[PDB]
Asker: 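Today's structure: one with alprazolam.
In this chain, residues are counted from 1 in sequence order. We count ligands from 1, going down the list as the structure has it; atoms in each ligand are counted the same way.
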Amino acid sequence: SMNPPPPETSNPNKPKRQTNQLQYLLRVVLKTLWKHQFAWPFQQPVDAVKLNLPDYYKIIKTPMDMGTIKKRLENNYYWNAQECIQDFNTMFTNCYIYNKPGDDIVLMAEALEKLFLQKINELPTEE
Ligand SMILES: Cc1nnc2n1-c1ccc(Cl)cc1C(c1ccccc1)=NC2
């Protein structure tokens, strides 16, 4: 069995910014989710080999995880907040696509996503 390469977290020719919204996404949104008791399955790419999920990357073609997001934020990979918001949403959606309602991992994603939504509700106006 084989995992795909992870999502990129470095691309020197991609234009980059550090906006106040991006800073909030790191200091508030990412930090809040990362410390949560349910963060651990989301803190790195899905290891389909170790988890014995050989169909995961047959079904999930746009993988995303908070490890990747954390690196992207810390390494100023993004141009805007929407890019990062999309990554979080891709992570949650993938979980729901792959798994079944009421599965433990879905309950975990839902708890994290509730917090995500509460924090992005107060994304600051771009300064
Ligand atoms: C994210 C994600 N999306 N689907 C899966 N995951 C996981 C990723 C990493 C780990 Cl260690 C477990 C799971 C688990 C998992 C299952 C029950 C409780 C905790 C994690 N399920 C497969």
Asker: Quick one: which ligands or chains go with alprazolam?
Answerer: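 Counting every copy, ligand 1.
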Asker: From the contacts in this model, which chain binds alprazolam (ligand 1) most extensively, according to the PDB entry?
Answerer: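 The chain with most contacts is Bromodomain-containing protein 4.
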Asker: Please list the nearest protein heavy atom to atom 2 (C) of alprazolam (ligand 1) with its residue and the distance rounded to 0.1 Å.
Answerer: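 Of every protein heavy atom, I105 CG1, 3.8 Å lies nearest to atom 2 (C) of alprazolam (ligand 1).
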Asker: Side chain, backbone, both or neither: which part of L51 has a heavy atom under 4.0 Å from alprazolam (ligand 1)?
Answerer: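 Side chain only.
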Asker: Hey, quick one: which UniProt domain of chain A is doing most of the touching with alprazolam (ligand 1)?
Answerer: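 The majority map to UniProt domain Bromo 1.
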Asker: Can an N or O of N99 be found at a distance shorter than 3.5 Å from an N or O of alprazolam (ligand 1)?
Answerer: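 N/O-N/O distance below 3.5 Å exists for this pair.
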Asker: Heavy atom of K50 under 4.0 Å from alprazolam (ligand 1)?
Answerer: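 Distance cut 4.0 Å: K50 fails for alprazolam (ligand 1).
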Asker: Tell me the organism the entry assigns to chain A.
Answerer: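 It's listed in the entry as Homo sapiens.
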Asker: If the cut-off is 4.0 Å to any non-hydrogen atom of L53, which atoms of alprazolam (ligand 1) fall inside it?
Answerer: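 Once the distances to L53 are compared, the set is 22 (C).
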